[PDB]
K.L.:
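Sending over a structure as structure tokens; questions will come in a sec.
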2 protein chains.
Amino acid sequence: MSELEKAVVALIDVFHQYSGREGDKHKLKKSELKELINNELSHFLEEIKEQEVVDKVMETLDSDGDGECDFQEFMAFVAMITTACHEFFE
Amino acid sequence: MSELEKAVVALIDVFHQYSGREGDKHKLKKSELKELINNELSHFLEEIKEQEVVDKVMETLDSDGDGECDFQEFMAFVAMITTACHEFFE
Ligand SMILES: N=C(N)c1ccc(OCCCCCOc2ccc(C(=N)N)cc2)cc1
Ligand SMILES: N=C(N)c1ccc(OCCCCCOc2ccc(C(=N)N)cc2)cc1
Ligand SMILES: N=C(N)c1ccc(OCCCCCOc2ccc(C(=N)N)cc2)cc1
Ligand SMILES: N=C(N)c1ccc(OCCCCCOc2ccc(C(=N)N)cc2)cc1
Ligand SMILES: [Ca+2]
Ligand SMILES: [Ca+2]
Ligand SMILES: [Ca+2]
Ligand SMILES: [Ca+2]
């Protein structure tokens, strides 16, 4: 597999390392999303320590109002992160 | 860096391995997009041999009508691919 192809599976891998931990196995609730960010995006994103900060990140990502981040909402999150990296973090 | 963090840079790396080859250094024209697909997505996508097929893929990706695929349009492409992989390719 190519680097692109490996990167694609890595995106799917990380979603499920976190999504299956609690409740709905196919969505990241706030507590799972916090965990993912703090453990998998520690170099790209400031550590989330306040519940308020998890809420605001989840409000941004949650396009269907169920209070959770599903896979396509996660893909939009990845697009935000990648775009920011691409821009050398503003 | 985490696997997620490495995957993010890999997405940026591959865009530029192909985007800088011809013309506008920050966009993939059809010929660059064909090259990327055939060389970097050979396990996920059928090889493109016909110009018609490049055109139709580019028509799908090109949201601002400039006939080229920029970075955010590339990110949507990646979202399509990842979603398809996630779905075990329908
Ligand atoms: N030895 C290690 N484990 C290690 C140390 C640093 C590292 O770094 C990778 C480069 C990331 C570049 C970080 O760039 C920014 C700038 C601003 C913001 C912001 N506040 N929005 C966020 C990120 C990777 C691994
Ligand atoms: N194999 C490679 N090419 C490559 C591999 C690792 C790397 O490590 C970057 C550490 C993260 C810091 C921010 O990463 C970027 C990278 C590229 C762009 C860009 N060209 N837009 C913008 C931001 C950089 C390039
Ligand atoms: N030894 C090698 N170099 C190698 C061989 C196979 C491989 O495979 C990875 C798994 C990809 C699974 C492929 O699954 C589909 C199913 C349907 C379509 C479709 N027609 N849309 C596209 C892809 C990777 C490396
Ligand atoms: N470290 C890992 N976990 C892992 C690493 C590599 C891998 O190789 C898959 C080859 C590509 C074939 C299609 O890949 C997928 C993978 C996961 C899902 C899913 N769970 N939705 C859907 C499709 C699978 C899992
Ligand atoms: Ca869950
Ligand atoms: Ca949602
Ligand atoms: Ca170009
Ligand atoms: Ca365009």
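Below, read A as the first sequence line, B as the second, and so on, with proteins coming before strands; counting in each chain starts at 1. Whatever order the structure lists ligands and atoms in, that order sets their numbers, starting from 1. Values below: all heavy atoms of this structure, side chains included; hydrogens, waters and symmetry mates excluded.
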K.L.:
Look up the drug at ligand 4 and give its PDB name.
P.N.:
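It's pentamidine.
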K.L.:
List the chief contact partner of pentamidine (ligand 4) in this entry, with the name from UniProt.
P.N.:
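Most heavy-atom pairs belong to Protein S100-B.
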K.L.:
Write down the other chains that contact pentamidine (ligand 4) with heavy atoms under 4.0 Å.
P.N.:
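By heavy-atom distance, the answer is A, B.
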K.L.:
Find all residues with any heavy atom less than 4.0 Å from an atom of pentamidine (ligand 4).
P.N.:
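With non-hydrogen atoms counted, the site is A:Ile12, A:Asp13, A:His16, B:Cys85, B:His86, B:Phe88.
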K.L.:
For pentamidine (ligand 4), which other ligands or ions have an atom under 4.0 Å away?
P.N.:
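Other ligands or ions: ligand 3 (pentamidine).
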K.L.:
Look up atom 23 (C) of pentamidine (ligand 4) and tell me if a protein heavy atom lies less than 4.0 Å from it?
P.N.:
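For atom 23 (C) of pentamidine (ligand 4) the answer is yes, since some protein heavy atom falls inside 4.0 Å.
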K.L.:
Give a yes or no on whether atom 9 (C) of pentamidine (ligand 4) lies under 4.0 Å from any heavy atom of the protein.
P.N.:
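So atom 9 (C) of pentamidine (ligand 4) lacks protein heavy-atom neighbours under 4.0 Å.
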K.L.:
For atom 21 (N) of pentamidine (ligand 4), what's the nearest protein heavy atom and its distance?
P.N.:
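Result: B:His86 CD2, 3.1 Å.
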K.L.:
Does the protein place any heavy atom closer than 4.0 Å to atom 16 (C) of pentamidine (ligand 4)?
P.N.:
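Given the 4.0 Å limit, the answer for atom 16 (C) of pentamidine (ligand 4) is no, no protein heavy atom qualifies.
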